[PDB]
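So the structure is just underneath, and the comments pick up after that.
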Amino acid sequence: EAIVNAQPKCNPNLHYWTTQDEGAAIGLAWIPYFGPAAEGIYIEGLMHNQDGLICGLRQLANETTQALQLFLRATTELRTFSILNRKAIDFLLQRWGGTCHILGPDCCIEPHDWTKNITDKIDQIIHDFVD
Amino acid sequence: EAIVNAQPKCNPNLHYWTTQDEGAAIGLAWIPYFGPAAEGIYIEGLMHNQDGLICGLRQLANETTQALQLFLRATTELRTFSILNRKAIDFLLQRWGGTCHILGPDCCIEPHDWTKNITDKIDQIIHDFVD
Amino acid sequence: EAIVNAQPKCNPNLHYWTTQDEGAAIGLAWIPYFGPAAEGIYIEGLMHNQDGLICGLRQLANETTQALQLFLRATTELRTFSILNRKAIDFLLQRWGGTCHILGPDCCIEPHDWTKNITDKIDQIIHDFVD
Amino acid sequence: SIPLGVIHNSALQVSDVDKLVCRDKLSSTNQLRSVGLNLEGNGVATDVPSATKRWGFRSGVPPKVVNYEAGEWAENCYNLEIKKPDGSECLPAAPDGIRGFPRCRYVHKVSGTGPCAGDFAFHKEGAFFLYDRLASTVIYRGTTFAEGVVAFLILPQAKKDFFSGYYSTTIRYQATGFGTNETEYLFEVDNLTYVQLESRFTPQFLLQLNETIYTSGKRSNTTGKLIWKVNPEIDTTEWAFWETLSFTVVXXXXXXX
Amino acid sequence: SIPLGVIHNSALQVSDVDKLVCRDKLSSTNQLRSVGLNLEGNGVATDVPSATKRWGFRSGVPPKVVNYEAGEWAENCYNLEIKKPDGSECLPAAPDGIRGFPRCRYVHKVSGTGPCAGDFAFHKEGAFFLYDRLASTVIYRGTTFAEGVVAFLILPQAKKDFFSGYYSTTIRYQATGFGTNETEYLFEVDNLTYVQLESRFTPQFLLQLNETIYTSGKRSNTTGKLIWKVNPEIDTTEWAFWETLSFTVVXXXXXXX
Amino acid sequence: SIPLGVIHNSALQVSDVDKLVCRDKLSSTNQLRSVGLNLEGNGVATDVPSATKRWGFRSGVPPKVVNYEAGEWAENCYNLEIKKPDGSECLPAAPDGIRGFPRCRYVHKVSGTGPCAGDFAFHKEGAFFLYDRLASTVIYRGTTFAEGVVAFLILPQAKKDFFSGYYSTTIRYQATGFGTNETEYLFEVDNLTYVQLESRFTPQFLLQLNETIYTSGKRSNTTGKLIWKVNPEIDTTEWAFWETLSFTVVXXXXXXX
Ligand SMILES: *[C@@H]1O[C@H](CO)[C@@H](O[C@@H]2O[C@H](CO)[C@@H](O[C@@H]3O[C@H](CO)[C@@H](O)[C@H](O)[C@@H]3O)[C@H](O)[C@H]2NC(C)=O)[C@H](O)[C@H]1NC(C)=O
Ligand SMILES: *[C@@H]1O[C@H](CO)[C@@H](O[C@@H]2O[C@H](CO)[C@@H](O[C@@H]3O[C@H](CO)[C@@H](O)[C@H](O)[C@@H]3O)[C@H](O)[C@H]2NC(C)=O)[C@H](O)[C@H]1NC(C)=O
Ligand SMILES: *[C@@H]1O[C@H](CO)[C@@H](O[C@@H]2O[C@H](CO)[C@@H](O[C@@H]3O[C@H](CO)[C@@H](O)[C@H](O)[C@@H]3O)[C@H](O)[C@H]2NC(C)=O)[C@H](O)[C@H]1NC(C)=O
Ligand SMILES: CC(C)Cc1ccc([C@H](C)C(=O)O)cc1
Ligand SMILES: CC(C)Cc1ccc([C@H](C)C(=O)O)cc1
Ligand SMILES: CC(C)Cc1ccc([C@H](C)C(=O)O)cc1
Ligand SMILES: *[C@@H]1O[C@H](CO)[C@@H](O)[C@H](O)[C@H]1NC(C)=O
Ligand SMILES: *[C@@H]1O[C@H](CO)[C@@H](O)[C@H](O)[C@H]1NC(C)=O
Ligand SMILES: *[C@@H]1O[C@H](CO)[C@@H](O)[C@H](O)[C@H]1NC(C)=O
Ligand SMILES: *[C@@H]1O[C@H](CO)[C@@H](O)[C@H](O)[C@H]1NC(C)=O
Ligand SMILES: *[C@@H]1O[C@H](CO)[C@@H](O)[C@H](O)[C@H]1NC(C)=O
Ligand SMILES: *[C@@H]1O[C@H](CO)[C@@H](O)[C@H](O)[C@H]1NC(C)=O
Ligand SMILES: *[C@@H]1O[C@H](CO)[C@@H](O)[C@H](O)[C@H]1NC(C)=O
Ligand SMILES: *[C@@H]1O[C@H](CO)[C@@H](O)[C@H](O)[C@H]1NC(C)=O
Ligand SMILES: *[C@@H]1O[C@H](CO)[C@@H](O)[C@H](O)[C@H]1NC(C)=O
Ligand SMILES: *[C@@H]1O[C@H](CO)[C@@H](O)[C@H](O)[C@H]1NC(C)=O
Ligand SMILES: *[C@@H]1O[C@H](CO)[C@@H](O)[C@H](O)[C@H]1NC(C)=O
Ligand SMILES: *[C@@H]1O[C@H](CO)[C@@H](O)[C@H](O)[C@H]1NC(C)=O
């Protein structure tokens with residue numbers, strides 16, 4: 001599909017917060033005893049609406065809600081942390097879950113260099129055919 | 001192995017219940033505030049013993065218990081949700097965890113179309129050998 | 001990198017404990033009601049410093065701590081069980097996450113047997129070229 | 001390793017992810033399923049006396065929970081409220097998010113007492129207690145469960161073979177000496193009227209007997225406890241569920257002949 | 001299926017792992033992201049009266065929590081301390097490890113009472129309550145939250161397009177008849193001085209009005225409660241946040257004209 | 001990124017899943033391992049005075065737990081029962097399913113008091129407290145632990161190189177001024193008989209001293225407290241564990257020369 005923003009408004013800027021997974025290399029700050037409290041682990045950034053990505057993102061999050069809620073209704077986990085890892089697995093299973101038929105539409109193996117390796121080396125059997 | 005049902009009896013029918021992962025598209029029913037309570041999220045079905053699959057399934061569940069219990073003894077997770085995802089990963093690692101040696105017994109890459117692509121195109125070098 | 005043990009000392013022996021994932025086949029011991037209590041599920045072993053692996057392991061665990069702590073700061077999971085499964089996924093995504101360009105440095109597909117299958121079978125077209 | 005079912009040659013087979021061949025296709029996690037199957041369906045005795053003899057108390061073993069995504073409609077489930085003689089609870093409260101088994105035709109609610117020599121109650125045969133999409137190794141207080149076991153499958157991508165609403169009825173029991181060799185059970189008609197329970201009494205016989213007691217006026221019409229006994233000569237129904245009178249007086253014991 | 005955003009042809013698109021082509025590259029779990037977006041940014045009314053009308057109590061639905069890795073700085077968040085008339089708590093305590101939303105310019109702390117006809121408070125429009133990297137389907141007691149929704153993305157490997165510190169201010173409110181048709185709200189200046197709240201009052205107007213009351217000496221100088229009203233003729237600011245006087249007396253009601 | 005050990009050229013090496021070459025084979029999740037290693041094995045001082053100086057109280061940091069699948073048998077573990085002067089608990093109770101470290105030759109059980117200026121006790125050097133296959137960033141009340149760190153490995157598929165039962169002894173200590181510059185420690189012989197602790201006292205020296213006190217009859221034979229001191233001239237054992245008298249009187253202080 002495509003993303004059709006259909007909200008009353010769009011804040012075109014995303015002033016965001018997040019954590020850094022490897023962000024306190026300075027001295028002893030990585031040690032929990034010395035490091036920041038819960039309130040001071042965030043990094044900030046600002047992102048503008050190049051390629052309409054912010055207004056798209058807002059619409060995408062809105063449209064994700066129905067599916068997400070229905071998934072949460074169906075799970076017995078109290079806190080769900082596995083959605084992105086499960087997407088990662090399903091990515092791999094789509095591509096690599098069966099036999100990969102080379103040159104078929106559902107197999108991501110490029111022989112491009114292996115084509116011209118053999119077209120190059122027929123000219124040491126038909127080219128080198130010396131009587 | 002094969003599944004040898006060795007129980008005193010077998011109910012050949014499986015009158016089952018389950019949740020649907022995307023099952024309440026009608027209006028506002030997906031919204032938790034409006035949707036069904038815990039008791040009304042289930043779908044039902046009936047499955048008969050074609051190919052002996054129900055009687056097999058009963059035996060399979062029985063035989064799974066020892067391994068499952070021993071796995072639960074060994075885990076420190078209080079609630080285990082990761083068994084099927086871990087099977088998915090191990091499926092992928094079996095096939096794709098090493099180098100895939102083409103035409104070997106442990107590599108699921110079919111060159112069938114790539115064989116006859118090159119047998120087709122030798123006849124624009126040995127067939128087209130015009131003096 | 002390489003592992004440079006830089007600790008004051010190294011116990012060269014690793015007298016270890018662990019659980020066995022499928023370890024109580026004897027009779028009824030797999031059944032929780034009959035099996036061992038929490039205290040009696042461990043197996044032991046002893047491992048010496050062949051190839052400097054124990055002294056390396058000690059240093060590796062020391063050096064892992066900063067990254068691990070920073071990862072734990074950033075997660076909202078109270079108990080983290082998914083580190084090795086996530087490594088497994090990232091292993092697969094590194095190798096198989098894109099298109100596999102055959103004979104490129106980032107594609108683990110060996111055509112070795114498929115090379116000499118076709119070099120063997122040109123000698124039923126150039127070898128068998130009977131007038 | 002944990003076995004994994006798969007459909008090959010029009011038959012279910014045990015294998016695992018290691019034992020598959022390239023022809024076998026796992027193109028999505030949707031193909032993976034965990035199913036709970038009820039001991040009922042293997043032909044076990046489902047009457048309260050026979051069923052409770054399969055459970056027992058034990059200390060030192062930490063409880064464990066595994067989830068399962070689909071289950072089987074049960075005829076018989078159980079719901080236990082057991083205390084020690086001193087009035088302290090024998091079973092733990094249901095953990096957060098552990099609700100009772102979702103489809104039970106008859107819930108056998110047993111209230112009573114026993115020694116309860118152990119921290120948690122386990123299945124002596126190694127089976128699980130099935131709750132709402134969570135299988136526990138132990139019994140939770142006042143929470144409905146079916147005894148059962150769990151299977152894991154790789155379903156095929158498309159089609160897997162060659163070719164009534166939900167009513168639940170609660171049945172109450174009093175118990176003494178629970179989880180011992182000398183356990184005694186009473187089927188409850190009202191708070192003062194009871195029947196001495198036996199293994200041969202089916203759920204439908206109990207509901208019919210109850211129906212008869214209310215409509216024959218054979219309930220305790222005093223402040224005191226009335227315990228009926230059915231003498232051996234009255235049959236009630238050795239067939240599985242899916243293939244299937246006068247009263248005189250002698251607490252207050254009595255006979256129904 | 002849960003939608004998954006991806007950047008194709010200089011545009012965000014919905015697809016999923018099943019709908020991709022081989023050119024699309026997922027070489028690491030780092031490329032996967034969950035983002036929380038605030039309803040604010042879609043243009044919803046953020047005033048306490050309008051905001052609370054989107055929430056409601058309901059029983060029988062178990063709460064659910066999903067995590068998200070990054071969020072948006074909010075103008076408006078909310079923190080609820082609601083009790084029944086009998087003094088019992090309407091909302092559950094925050095579960096272990098659920099802290100409040102980390103960036104709020106204004107936290108609207110509403111204390112008060114209401115019937116609270118239901119076990120948990122949900123979002124009537126299906127949105128989530130965003131806490132510190134955890135989104136819940138329900139409201140926790142005394143824990144700051146932003147209303148919002150969650151998106152999942154596959155970011156590209158490198159670069160994704162063509163080509164002030166943190167201050168939080170708490171604003172206190174009294175409420176009666178919370179989560180009903182006849183809810184009443186009072187903005188709190190001190191423990192004895194209040195203003196009748198209206199939907200048109202913005203956060204900056206409330207802080208300015210508060211500032212004026214303290215520096216004009218219009219606070220209750222008795223033991224009793226003083227409730228100011230602002231008559232209709234005084235405007236306060238229909239534009240979104242990112243694009244943007246005398247006192248006389250008549251408990252004790254009063255008018256600011 | 002979190003480092004991942006791997007065996008290349010008959011040596012352990014740091015790399016990660018991103019840095020591997022196609023020759024490296026991960027054919028199963030069984031090849032992945034997390035191991036806990038004890039600070040003991042790096043040569044740290046294991047005596048109670050030296051060990052406790054590595055821990056400290058701190059607020060605002062949420063505790064975190066990670067699991068590990070295999071550990072090392074410890075000589076020295078610790079079990080803390082600390083209270084404030086007002087009798088309130090300094091450490092939280094063990095969360096559900098966090099049992100103590102499974103192999104300790106000596107468990108140093110320290111009971112006592114201190115200011116405890118912070119919500120949780122952390123490791124000042126950044127190490128973890130190792131419990132039964134769970135590593136925490138904090139110390140739990142009355143739960144045995146070894147100080148340590150965690151490694152992750154990809155083991156090879158087959159063979160990884162070129163080419164006594166379990167006894168635990170508990171040792172009790174009294175403490176005052178715990179987690180401060182002026183902490184005082186007493187080794188406990190019985191409820192009335194104590195020894196002033198010093199860093200140079202090894203576990204085997206304490207058990208030998210205890211053995212001597214009981215078999216020389218040097219225990220308090222009154223209602224009152226008796227605190228022995230060992231004067232500087234009596235040595236006890238700077239070597240690691242894996243490579244290795246008269247009494248007179250002066251509460252009631254005393255000297256063992
Ligand atoms: C899987 O299915 C099998 C077959 O139905 C079940 O086997 C049962 O195993 C128990 C032992 O755990 C047997 O009970 C024992 O019976 C003997 C007398 O025969 C008695 O002396 C012992 O004290 C004990 O009670 C039981 O007879 C046996 N059933 C059959 C039909 O042979 C097994 O329990 C199932 N596994 C699970 C996890 O449900
Ligand atoms: C995703 O975005 C859409 C569009 O902004 C949101 O749609 C909103 O949906 C609700 C219904 O759930 C609408 O409320 C209803 O309004 C009618 C009158 O128009 C009233 O009779 C109903 O009782 C109800 O209040 C709301 O008008 C509508 N918004 C717009 C601008 O059309 C939707 O809520 C968003 N989804 C999430 C999960 O946030
Ligand atoms: C990993 O191994 C290294 C080396 O054994 C450990 O390094 C230790 O780091 C701490 C700082 O966190 C050092 O303590 C400091 O000592 C100085 C005086 O030298 C003092 O002024 C400071 O106040 C502080 O106490 C310690 O000396 C150092 N050890 C060595 C032998 O150099 C490190 O702790 C290990 N990491 C983990 C997580 O266990
Ligand atoms: C062997 C196989 C036929 C068992 C089986 C059992 C239940 C279900 C339901 C429809 C589900 O999707 O959970 C499918 C397949
Ligand atoms: C569509 C895309 C541009 C959204 C988006 C939002 C937040 C972030 C931050 C930097 C993160 O890494 O979480 C990246 C990308
Ligand atoms: C580097 C390597 C030799 C470390 C190591 C440590 C412990 C174990 C045990 C047998 C386990 O399987 O957990 C294996 C390997
Ligand atoms: C259990 O009770 C039975 C009678 O029901 C009796 O024969 C037996 O002695 C008892 N067993 C034990 C171990 O006490
Ligand atoms: C029976 O007793 C229980 C408590 O033991 C009580 O809750 C119930 O109302 C009583 N029912 C009748 C019909 O007396
Ligand atoms: C017993 O009979 C009465 C009267 O018909 C009925 O109300 C009651 O529910 C019956 N008991 C059971 C267990 O169904
Ligand atoms: C009173 O008691 C007896 C049972 O004890 C019962 O059979 C009798 O019918 C009751 N009386 C009436 C009028 O029903
Ligand atoms: C809710 O209150 C309004 C007035 O604010 C009133 O008109 C209406 O009758 C009430 N609705 C219900 C359902 O009681
Ligand atoms: C206002 O009242 C609250 C309790 O309702 C109290 O905690 C606070 O200190 C009071 N503040 C002032 C300024 O009186
Ligand atoms: C109201 O004004 C006083 C005095 O300037 C100030 O202390 C107080 O914080 C203000 N209230 C708010 C909500 O900012
Ligand atoms: C006392 O009360 C009134 C408000 O009720 C206020 O306007 C007046 O200024 C106060 N007095 C002083 C000296 O500020
Ligand atoms: C800590 O105690 C020492 C003596 O043991 C003393 O010299 C020092 O002043 C104290 N430090 C602080 C910061 O109070
Ligand atoms: C020592 O005191 C503790 C309580 O402080 C008590 O539990 C224990 O029994 C006592 N032991 C002896 C030998 O007196
Ligand atoms: C001290 O000695 C006595 C007598 O031999 C013994 O019972 C006690 O356990 C000893 N203490 C320790 C800590 O081993
Ligand atoms: C009584 O007390 C002292 C220690 O205070 C001890 O040395 C002495 O031997 C004790 N008496 C006996 C008979 O052991």
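Numbered from 1 within each chain, the chains take letters A, B, ... in sequence-line order. This deposition comes from X-ray crystallography, 2.7 Å. As the structure lists them, so they are numbered: ligands from 1, and atoms in each ligand from 1.
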Which of the drugs memantine, thiopental, ibuprofen is observed at ligand 4?
ibuprofen
Name, as the PDB entry does, the macromolecule that ibuprofen (ligand 4) contacts most in this entry.
Envelope glycoprotein 2
Could you check which other chains have a non-hydrogen atom under 4.0 Å from ibuprofen (ligand 4)?
B, D
State which organism the PDB entry lists for chain B.
Ebola virus - Mayinga, Zaire, 1976
Mind checking what the entry calls chain D for me?
Envelope glycoprotein 1,Envelope glycoprotein 1,Envelope glycoprotein 1
Give, by chain and number, every residue with a heavy atom within 4.0 Å of ibuprofen (ligand 4).
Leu14(B), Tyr16(B), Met47(B), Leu57(B), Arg33(D), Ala70(D), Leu153(D), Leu155(D)
